[PDB]
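Summary heading: complex between epothilone B and Tubulin beta-3 chain.
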Amino acid sequence: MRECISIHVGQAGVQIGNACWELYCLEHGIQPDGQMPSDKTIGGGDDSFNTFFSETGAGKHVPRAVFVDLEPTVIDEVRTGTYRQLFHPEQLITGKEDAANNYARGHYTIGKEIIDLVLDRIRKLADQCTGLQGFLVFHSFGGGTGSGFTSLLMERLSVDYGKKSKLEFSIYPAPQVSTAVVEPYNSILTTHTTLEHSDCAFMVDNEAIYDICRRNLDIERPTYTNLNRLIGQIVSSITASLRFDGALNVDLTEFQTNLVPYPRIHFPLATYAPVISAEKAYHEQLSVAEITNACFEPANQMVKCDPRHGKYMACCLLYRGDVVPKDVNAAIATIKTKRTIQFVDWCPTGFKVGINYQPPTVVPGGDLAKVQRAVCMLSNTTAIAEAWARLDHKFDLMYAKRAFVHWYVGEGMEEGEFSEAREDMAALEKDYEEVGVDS
Amino acid sequence: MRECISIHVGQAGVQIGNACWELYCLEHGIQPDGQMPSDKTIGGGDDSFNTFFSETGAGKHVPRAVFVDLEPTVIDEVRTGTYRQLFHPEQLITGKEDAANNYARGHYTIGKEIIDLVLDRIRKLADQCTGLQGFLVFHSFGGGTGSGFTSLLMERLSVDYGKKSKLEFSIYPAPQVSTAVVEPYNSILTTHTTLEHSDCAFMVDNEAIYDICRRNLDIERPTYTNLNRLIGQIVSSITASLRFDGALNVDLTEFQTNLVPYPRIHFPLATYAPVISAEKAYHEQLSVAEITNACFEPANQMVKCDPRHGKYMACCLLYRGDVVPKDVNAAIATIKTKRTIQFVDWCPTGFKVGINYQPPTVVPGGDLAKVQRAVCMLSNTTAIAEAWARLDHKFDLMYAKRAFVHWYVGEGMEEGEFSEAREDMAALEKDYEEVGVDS
Amino acid sequence: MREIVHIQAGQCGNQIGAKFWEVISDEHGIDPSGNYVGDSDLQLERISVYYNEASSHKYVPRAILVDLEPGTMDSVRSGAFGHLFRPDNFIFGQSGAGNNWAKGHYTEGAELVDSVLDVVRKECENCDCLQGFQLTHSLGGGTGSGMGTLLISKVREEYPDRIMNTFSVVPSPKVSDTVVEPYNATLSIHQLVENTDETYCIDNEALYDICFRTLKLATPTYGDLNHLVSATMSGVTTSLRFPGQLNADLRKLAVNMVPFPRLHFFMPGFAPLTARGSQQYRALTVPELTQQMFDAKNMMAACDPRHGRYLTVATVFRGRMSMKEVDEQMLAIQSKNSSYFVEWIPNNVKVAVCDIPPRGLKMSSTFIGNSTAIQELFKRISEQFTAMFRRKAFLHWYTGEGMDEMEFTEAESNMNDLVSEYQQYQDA
Amino acid sequence: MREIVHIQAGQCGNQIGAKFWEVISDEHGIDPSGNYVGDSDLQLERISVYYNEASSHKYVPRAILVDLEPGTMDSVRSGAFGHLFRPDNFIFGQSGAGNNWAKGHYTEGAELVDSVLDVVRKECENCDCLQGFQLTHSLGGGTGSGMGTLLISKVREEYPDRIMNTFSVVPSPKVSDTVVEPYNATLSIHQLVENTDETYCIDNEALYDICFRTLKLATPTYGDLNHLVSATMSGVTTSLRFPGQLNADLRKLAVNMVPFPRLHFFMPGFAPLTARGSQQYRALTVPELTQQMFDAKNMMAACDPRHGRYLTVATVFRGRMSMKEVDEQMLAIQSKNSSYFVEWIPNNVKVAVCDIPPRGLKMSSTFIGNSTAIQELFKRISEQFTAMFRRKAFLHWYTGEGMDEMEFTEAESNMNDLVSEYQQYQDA
Ligand SMILES: C/C(=C\c1csc(C)n1)[C@@H]1C[C@@H]2O[C@]2(C)CCC[C@H](C)[C@H](O)[C@@H](C)C(=O)C(C)(C)[C@@H](O)CC(=O)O1
Ligand SMILES: C/C(=C\c1csc(C)n1)[C@@H]1C[C@@H]2O[C@]2(C)CCC[C@H](C)[C@H](O)[C@@H](C)C(=O)C(C)(C)[C@@H](O)CC(=O)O1
Ligand SMILES: Nc1nc2c(ncn2[C@@H]2O[C@H](COP(=O)(O)OP(=O)(O)OP(=O)(O)O)[C@@H](O)[C@H]2O)c(=O)[nH]1
Ligand SMILES: Nc1nc2c(ncn2[C@@H]2O[C@H](COP(=O)(O)OP(=O)(O)OP(=O)(O)O)[C@@H](O)[C@H]2O)c(=O)[nH]1
Ligand SMILES: Nc1nc2c(ncn2[C@@H]2O[C@H](COP(=O)(O)OP(=O)(O)O)[C@@H](O)[C@H]2O)c(=O)[nH]1
Ligand SMILES: Nc1nc2c(ncn2[C@@H]2O[C@H](COP(=O)(O)OP(=O)(O)O)[C@@H](O)[C@H]2O)c(=O)[nH]1
Ligand SMILES: [Mg+2]
Ligand SMILES: [Mg+2]
Ligand SMILES: [Mg+2]
Ligand SMILES: [Mg+2]
C-alpha cells in the first residue's frame, strides 16, 4: 500500500545506493541472492519490505530502484557484485559516454538520447505499485551527470505525474576540498532545477563527514566507503516509520508540511547521533538527554556551516529504539531554556517528535557500534546561506575571466543562462535573510 | 364502606409509599406476598383493612395505590423486591424519559403522554370503591416530575370529581441543604396547584428530621430509609381513626372542619412524639402530660421554622394507646397557662382531641422503640410565613440574571408565567400575616 | 431503554476509546470473546445502553472507529479486547490527514464522511430510545480535529434534539509535539461552541502532573493516561447503568451545569488517587474524598481554578454512604470557599449517589466543574495563533486545500468572544 | 295507661341512652335476653310505659336510634344489653355530620328525617294513650345538635299536645374538645326555647367534679358520667312506674315548675353520693339527704345556685319515710335560705313521695331546680359566639351547606333575649 521509488543517478548515487540497499536488506533479513529465509519467511511483512522491495513468484524479492548512469564502469561493479541476483537486469541502465563534468553533455548532447528508456522503466514500476508516496533521487552537484541528467530527468517526472513528493539527496561541494575545475559552474547551473521541482532537498558536505569519522569514530583516514555507510543511516531512519511500527509515526507526506513555512525555503540539514566506537560505548552511558545535546552541537552537524551564526526555523526529531515520550518532553524543554540555541520569533513551537520501536541495525564490519538509541535531526536554519555564499564567490571569480565557458557553450549552453542562474541563486539568499528578519 | 386512595408520584413518592405500605401490612397482619393468616390474625375486617386493602378472589389483598414515575429505574426495584406480589402490575405505571429537573417537561411535554393512562387506573379503582373519602398524594417540590406531573394530575382530578377532599404530602426544600440548582424555580411554579386544587397540604423538611434523629434517636448518620419511616408514622396515625376503633374518632372531613379557618389558609405542620431509643425508654416514663409538652417544643417539630416567632390559629391533637379523657383535659389546661405559647384572640377554643385504642406498631429492624402512647400534632400557625420568605429570596436573585430560564422556555414555558407565580406567592404570605395581626 | 452511541476519531480517540471499553467490559463482567461471566443480575439489567445483544449470548459494542489511516485500526484489532468490536464498524482511510485540519474537513473527510454516516445512521433504528452521542478526538491533530468536527455537524442536523458529548483533549502550553497545534485547535473551537451541549477538556500536561505527584509513578505511559480518562467517563454515566438513591442522567446533569448555551466547557476530576505505599495509611470517608476533589492538584486541566469563581459544580458519588454526611461536606466547602464560588446563584453543587461502587474500591466520586478559569487555556492558544498568522506561516499548506484567509479570522474572532463572556460574568 | 317514647340522637345520646335502658331493665328485673326474672308483682304493673310486650314473655323498648354514622350502632349492638332492642329501630346514616350543625338540618338531615318519622308514627299508634317523648343528644356536636333539633320540630307539629323532654348536655366552660362548639350551641338553642316543653342541662365539667370530690374516684370514665345521668332520668319518671303516697306525673311537675313558657331550664341533681370508705360513717336519714340537695358541689351544672335565686324547686322522694319529716325540713330550708328564694312566690318547694326504693339503697331522692343562675351559662356562650363571628372565622363551611349569615345574627339575638328575661325576674 505504502510504496516508494528510489532513483540513483551518477557514480556517487550508485555508490551510495549500493551501501544503502545493503543496509535495507539486513534490516528486513533478505539475503543478497533475493530469497527471504525461514527466519522471516514473509511473516508480518505487509509493509516491512513492500515499501522498498516487491514480491515476485516465490522466494524472490526485487527492489524498486532504477540505476541510470552515463558510464558502464560503475554499473559493471553492481552487475558483478554479490547483489547482482537481487537487482533486475533491466532496472540497471548504463550509458556509452559520461558527461565529462559538463552540465550540457548530460542535458542536451547525451541526456535526451537515453532518457527515453529511463522513462519507460519508471512507468513500468509505477503501474505495479498501488499507492506511491513519492520518489527518492540521489546525485551530486559537482558531477556533470548528477547535474545535467538529474535536471532533465526531474523536469520530465513533474510533467508526467506532478502530484507526488520528490525528495532529493545531494552532495554539496566542499568549501576547500575539491577534485574538479568546473565544480562552481556545475553546482550553480543545477540550483534552479532543485528549487523549482524538488519539495525538499537534504544537503551534506564531505568535509563534515570526514571530521565526524576522524574524531567521533576514531579513524585515522576515512574512506568514501565509510562515508556512504553513514549516509545510509539517516535515509534508513527517515523511512523507518513507514516500514516499522511505533508509538508516534511520521509519514513521508508530513516532512514537508512540518519543515517548510514557505515554498522557496526547502533546504534543511541532517544530523545523526550518537556516533561512537565499541570501545567508547563501554565507557559512555547513552541517555535520551545526552543524544539530544549532541544533535544540537555544531561539531556533530553534517554541514560545515555554523548553526550558531544563524537561527532555527523548523526542527524535526526522530527517535528509534527504546524511547519513552516522557524523556523526550523533558529533554526538549531544557533545549528551549538554553540561550545559545536561538529560535525564530514567529515560530513558538518548532519541535516534532517521532518514536519508532525498531532499534538501529549495525552492519557487520562497520565502524558504528551497537547502541540502543538513535536520534535523527532534520532542522531548517538560515545558516545554510553561508555555504551557498562560498560557492557563489568562486563562480563570480571564474565567470569574470570566462574560463572553461567555451566548453559549456560548445555543447549547447549560452551565456544568458549563467547570468540567470546567478540572479536566481542570489534571490534565494536574499529571501532566506528576508524571512529571518525579526519583527 | 369508607375507603381512601393513595397516589405516589416521582422518586420521593415511591420510596415513601414503599415504607408506608410496609407498616400498613404489618399493622393489619398481611404478608408481603398477599395472603393474610386469618386463622391466627383474628380481626373484625369491616374497616380494619377494607379502607386501604381490597379483597379479590380468595385470601388476596391488593393495596388501593397507584405508583407513577417518569423513569423506570425507581419502579423496577419495587417490581423486583420483596413486595412485588403485593401490588397489581397494572397499578405501577412507568415512563421512558424523566423531567430532568424541569417543570415544563413534566407538565407540558412528558406529562401529557401518559396522563390518559394514569386517569384510567384511578377511574377503575373508583368504580370498585363504594364510598370514597378522599385522595392522598405523595410528591416533592424540588423535582420536576414531583412538581410538574403532580400539578397536572390534580387539575384532572379536580375536574373529574370536584367533590372529594384531597390531602397533600410534600417535602419542602431545606434552607441550607439542597441537591439541585433549579430547586427555587420548581417550588414557585408548583404553588398554583397547592393553593387552589389541594384542600390541605402537609409540609415536611429533610433538614429538621436529620436533627431529630441525631439528638432524639441518637443516630449519627441517618439515611433516607430512616427519614421515610418517621414520615410513615405520621400518615398511619392520621388515618388510624378510619381503620380502627376508639372513644373519639376524627375522619378526613372533620380534619378540615376545625383546621381551615379560611379557604386560602390550608398549610399546617405535623409533629410526632415521643421519639426515643430503647436505651432511654427504660430510664424515663411516658406520661400523657410529658408527651404533650414535647410536641409543643420547637426542637421536636418536623419543620425547620420557629413556631415561637409566629402564633397558633388552630390545633388538633390525636391520641393513641391507653389514653384517658381525664388526663387530656388536665394537660390541655397546663398548655393554655404557659405564656410562651400564644394563640389568636378571635379563636377562644382551638383544640381538637381524638383518642384511639390501637397502640403504635414497631417495624422489626427499625429505629423507634416500643411505646404505649403516641400523639400526632397538626397545628396551623402563622410561623409558616417565614418559610416562604427564604424560598422567595433565592428565586428573585436567580430570576434577575435569567439563569437557566432558557431551559424552561424551550420546553413550552413563557417568561410571563414566572412573574405570575411570584405574585401568588407574595399574596399568600401577605394573607398569613394579616390574619395574625391582633385586633 | 436509554442507549448511547460512541464514536472514535483519530489516533488519540482510538487509543482512549479502546481503553474505555475495557473498563466498561470489566464493570459489566464481559469477557473479551463476548460472553457474560458476571455474578450479579444488575450487570445485565442495563447492559443495552452500551452493548447490543446478539445470538449465542454474544454482545457487540455500539461503537464506531473512524480514522484516515489503517495503522491505528490494525493495532486496535490485534490488541486486547479487539475482536469484541463488530468488523463492519471498522471504516478507515488510506491517504491520511498529515496533521492538517483542512484535509480532514474538506479534502479527505468528504470522501469518507458518507461511508461513516451509513454506520451511525443504521444503529439508530435498532436503538429503542437513543439519548445522545459521545465522540473522542484530539484538537491538536488533523484527523480527529478536522474530520471528527465535520461528523458533529452532520449528526446535529439529522438529530437536533439529542445531547452531544465530546471527551476531547486540548493542546498543552509547554508540551507540544506538533508545529501546527494552534491552527488546528482554533479552527475546531468555532464549530464545537455551536453544535455541542457539553465539552470536557483534557490536558496531557495536567495528567502527567497527577501521575508524578498524586500517584508517585516512576515512569508514565500513554495507557496510564488513558486509564484516568476512561475512569472519568464511567463515573459520568453510572446512573444510567446502575440504580441509586438519587439518580441523575446526562440530561439531568446538563441542565444543572450550563446556565447559558454558550458556556458549556467543564473540567473533569476523579478521586481518590493514592500510591501503593500510602494505601494502608489513608482512610475511606466522605470528607477524605471531598478534600481531594476540590484540590487544584487533582484537576485534569492545566487551568488553576483558584484564579476564578466556580459557576456550577457537579458531583456523582458511587458506593454506600449516608446522605447526611455528603449533604454537609459540599455545603461546608461552599461556605468556607465563599470567594471561590459565584454569588448570584445560592447553590452551585449538584449531588448524585450511585449504589454500585467501582471495582476494587469501596467508595469513589467524579468531580465536574464549570469554573471561569477555563478562559486562560483559550487565551494562550490565541497568542500562538496570532503570532504565526502575523507572518502568514504555514498558511499556504492550509490554503492549498481550498481554505480562505478570511475563514481563519472568523475563528479567531469567535474565540475572543468566548473568553469575553466567561470573564464578563466572572467579573460581574 | 301512659306510654313514653324514647329517642336517641348523636354519639353522646346513644351512649347515655344505652346506659339508661340498663338501669331501667335492672329496676324492672329484665334480663338482657328480654325475659322477666324478677321476684315481685309491682315490677310488671306499669311495664307498658317503657317496654312493649312481644311473643312468649319477651319485651322490647320504645327506643329509636338515630345517627348519621354506623359506628355508634355497631358498638351499641355488640355491647351489653344491645341485642334486647328491636333491629328495625336501628336507623343510621353513612356519611356523617362532621361535628357540623348545618349538615344534619338542611343538607343531609332531610334525607333521613322521613325514614325516622315513619318509625315514630308506627310506635305512636301502638300506645293506648301516649304522654310524651324524651330525647337524649348533645348540643356541642353536629349530628345530635342538628338532627335532634329537626326531629323536635317535626314531632311537635304532628302531636302539639304531648310533653317534650330533652336531656341535652351543653359545652363546658373550660373542657372543650371541638373548635366550632359556640356556633353549634347557639344555633340549637334558638329552636329548643320555642319547641321543647322543658330542658335539662348537664355539664361534663360538673360531672367530673362530682366524681373527684363527692365520689372520691381516682380515674373517672365516660361510663361513670352516663350512670349519673341515667339515675336522674329514673327518678323523674318513678311515679308513673311505681305507686306512691303522693305521686306526680310529668304533666303535674311541669305545671308546678314553669311559671312562664320561656322559662323552662332546670338543673338536675341526685342524692346521696358517698365514697366506698364513707359508707360506715354516713347515716341514711331524711335530714342528711335534704342537706345534700341544697349544695353547690352536688349540682350537675357549672352554675352556682348561690349566685342567683331559686324560682321553683321540685324534689321526688323514693323509699319509706314519714310525711311529717319531709313536710318540715323543706320549710326550714326555705326559711333559712329566704335570701335565695323569690318573694312573690309564697311556696317554692314541690314534694313528691314514692314508695318503691331503688336497687341496693334503702332511701333515695332526686333534686330538680329552676333558678336564675342558669343565665350565666348562656352568657359565656354568647361571648364566645361574638368573638368568632366578628372575624367570620369557620363560616364558609356553614355557608356552603345552604344557610345564610343573617341566620346567625337572629340566633344570637334570641339567646340574648332569653338571659334578659331571667335578669328582670331576679333583679326585681
Ligand atoms: C484502588 C486504588 C486506590 C485506593 C485504594 S484505598 C485508597 C485510599 N486508595 C487505585 C485503583 C483505582 O482504579 C484506579 C482508578 C486506578 C487507575 C489506574 C492507575 C491510574 C494506573 O494506571 C495503575 C496502572 C497504577 O499505577 C496502580 C499502581 C495499579 C494504581 O491503580 C494503584 C491502585 O490500586 O489505585
Ligand atoms: C350504693 C351507693 C351508695 C351508698 C350506699 S349507702 C350510702 C350512704 N351510700 C352508690 C350507688 C348509687 O346509686 C348510685 C347513684 C349509682 C351511681 C354510680 C356511682 C356514682 C359510680 O359511678 C359507680 C360506677 C362506682 O364507682 C361504684 C363502684 C358503683 C360505687 O363506688 C359508687 C357508690 O358509692 O355506690
Ligand atoms: N559519498 C560519496 N560521494 C562520492 C563517491 N564517489 C564520488 N562521490 C562524489 O562525486 C564527485 C565526483 O564526481 P561524480 O559525482 O561521480 O560525477 P558524475 O555524477 O559521475 O558525473 P560525470 O563526472 O560527468 O560523469 C565527488 O566530488 C564526490 O563528492 C562515493 O563513493 N561516496
Ligand atoms: N425524605 C426523602 N426525600 C427524598 C427521597 N428521595 C428523594 N427525595 C427528595 O427528592 C429530591 C430529589 O428530586 P426528586 O423529588 O426525586 O425528583 P423527581 O420527583 O424524581 O422528579 P425529577 O427530578 O424530574 O425526575 C431530593 O432533594 C430529596 O429531598 C427519599 O427517599 N426520602
Ligand atoms: N492522552 C493521550 N494523548 C495522546 C495519545 N496519542 C497521542 N496523543 C496526543 O495527541 C496529539 C497528536 O494527535 P493525533 O493523534 O496526531 O491526532 P490525529 O492526527 O487526528 O490522529 C499529541 O500531541 C499527543 O500528545 C494517547 O494515547 N493518549
Ligand atoms: N358524659 C358523656 N359525654 C359524652 C359522651 N360521648 C360524647 N360526649 C360529649 O360529646 C361531645 C362530642 O359530641 P359528638 O359525639 O361529636 O356529637 P355528634 O356530632 O352528634 O356525634 C364531647 O365534648 C363529649 O364531652 C358520653 O358517653 N358521656
Ligand atoms: Mg561519471
Ligand atoms: Mg426522577
Ligand atoms: Mg497522531
Ligand atoms: Mg362525637
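In what follows, every chain begins at residue 1, and chains take the letters A, B, ... in the order their sequences are listed. Atoms within each ligand, like the ligands themselves, are counted from 1 in listed order.
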What is the full set of ligands or chains that belong to epothilone B?
ligands 1 and 2
Which other polymer chains sit within a heavy-atom distance below 4.0 Å of epothilone B (ligand 1)?
C
Enumerate the residues contacting epothilone B (ligand 1) with a heavy-atom distance under 4.0 Å.
C:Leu215, C:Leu217, C:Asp224, C:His227, C:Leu228, C:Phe270, C:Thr274, C:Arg276, C:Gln279, C:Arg282, C:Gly360
Which of the Mg(2+)-binding residues recorded by UniProt for chain C place a non-hydrogen atom closer than 4.0 Å to epothilone B (ligand 1)?
none
Any chance you can tell me which UniProt GTP binders of chain C have a heavy atom closer than 4.0 Å to epothilone B (ligand 1)?
none
Okay, for chain C, which organism does the deposit list?
Mus musculus
